[PDB]
Asks: 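Hey, got a structure here with vorinostat, can you help?
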Amino acid sequence: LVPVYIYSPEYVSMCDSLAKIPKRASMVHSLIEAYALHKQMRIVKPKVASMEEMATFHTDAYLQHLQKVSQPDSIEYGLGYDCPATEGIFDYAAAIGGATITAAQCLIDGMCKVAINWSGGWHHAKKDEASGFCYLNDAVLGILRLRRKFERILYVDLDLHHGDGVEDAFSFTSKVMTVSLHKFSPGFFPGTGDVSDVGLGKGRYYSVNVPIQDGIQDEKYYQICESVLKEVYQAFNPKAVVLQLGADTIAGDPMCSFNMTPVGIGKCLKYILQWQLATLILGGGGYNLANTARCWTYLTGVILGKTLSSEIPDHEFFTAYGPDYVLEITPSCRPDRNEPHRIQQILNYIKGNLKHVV
Ligand SMILES: O=C(CCCCCCC(=O)Nc1ccccc1)NO
Ligand SMILES: [Zn+2]
């Protein structure tokens with residue numbers, strides 16, 4: 001009845017080797033270890049995602065190319081600047097999926113109410129192509145696995161970016177719903193998913209997308225979140241939840257767009273949690289490394305329902321939390337360019353869309 005925490009040194013170190021965020025998992029796990037919160041969770045070692053296990057969603061050519069490469073044909077398979085070809089990513093990606101699959105497996109074995117995989121949450125990678133630092137849509141692998149025991153699954157995406165890859169995969173079906181809350185403005189990755197984009201075919205209206213602009217703090221974010229999800233849950237009536245809790249919305253992230261504190265996102269986490277559903281907790285974006293570790297450290301708190309010591313404790317990465325050495329984050333002071341006009345104009349458009357589900 002206690003939460004499953006996906007950890008191993010071998011995993012964490014694989015996850016530190018992803019170029020675009022060196023030492024982030026180390027840091028994350030470390031601040032958590034430091035607050036001793038891992039001792040209040042069942043630590044589960046993640047399995048290696050088998051060639052087939054990954055092939056559930058990723059077209060086998062890809063998963064074969066990415067293996068040779070990890071030991072010319074790189075530009076085909078979506079690799080680029082965003083996604084280097086570091087020998088060897090094949091194991092890196094195969095550890096994130098495996099972790100997310102392991103977490104989902106616990107949930108479906110009845111091992112826990114909640115499973116955590118901070119290292120996962122790569123909501124961009126497509127079936128045949130890498131995109132957005134994402135090599136492997138581990139959420140998709142998480143949801144697919146969850147779909148063996150549970151009927152209706154709900155993906156909620158609270159990362160700064162659009163969960164496009166998760167949206168894509170389940171845009172056709174009505175058996176999975178995606179709520180993504182993100183920035184929308186052209187040029188800004190991935191530049192898919194305006195409110196209008198709602199899912200196609202047998203699963204039309206089964207894709208929510210909330211476009212938001214810079215400046216938004218907790219107060220207003222919880223509003224849009226508590227709103228949407230309330231109407232989504234009542235309508236969709238899901239059997240399990242998959243949460244992507246990207247850190248790049250938070251103040252101090254060099255991506256400097258939203259203005260969240262972990263408290264605000266944690267209020268949303270508190271909300272989703274009260275549903276007493278099976279819940280898969282994934283990370284995502286996080287580019288202020290300390291703020292990220294602060295953030296997911298915090299969140300593990302609310303999952304465990306344990307309020308945390310404000311003073312950061314000493315450990316490996318203590319120095320990173322200076323100068324003020326605390327868990328809380330101060331919002332930056334800059335305009336909330338979300339006119340309260342357009343917000344209500346967005347709720348309705350969504351609210352009316354939910355009158356169709358299902
Ligand atoms: O945050 C993410 C993945 C990030 C992918 C967005 C692309 C941003 C990017 O590549 N910008 C950049 C590249 C090099 C240096 C500075 C910014 N998931 O939501
Ligand atoms: Zn992001």
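Numbers for residues simply follow the sequence, beginning at 1. Indexing begins at 1, ligand by ligand and atom by atom, following the structure's order.
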Asks: Enumerate the ligands or chains that make up vorinostat.
Replies: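 All copies: ligand 1.
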Asks: Mind checking something for me? Which chain has more close contacts with vorinostat than the rest, going by the PDB entry?
Replies: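 Largest number of contacts: Histone deacetylase 8.
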Asks: Which neighbouring residues and nucleotides define the binding site of vorinostat at 4.0 Å (non-hydrogen atoms)?
Replies: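 The heavy-atom cut-off picks out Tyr81, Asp82, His123, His124, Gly132, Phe133, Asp159, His161, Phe189, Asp248, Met255, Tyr287.
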Asks: State which UniProt-annotated active-site residue of chain A is closest to vorinostat and how far away it is by heavy atoms, to 1 Å.
Replies: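 Per UniProt, closest by heavy-atom distance: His124, 3 Å.
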Asks: Using 4.0 Å as the cut-off, what other ligands and ions neighbour vorinostat?
Replies: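 That comes to ligand 2 (zinc ion).
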Asks: Taking a heavy-atom cut-off of 4.0 Å, which of the residues UniProt lists as divalent metal cation-binding in chain A lie that close to vorinostat?
Replies: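 The overlap, by heavy atom and UniProt annotation, is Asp159, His161, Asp248.
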Asks: Do any UniProt substrate-binding residues in chain A place a non-hydrogen atom less than 4.0 Å from vorinostat, and if so, which?
Replies: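 Checking heavy atoms, the UniProt substrate residues near vorinostat are: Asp82, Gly132, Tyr287.
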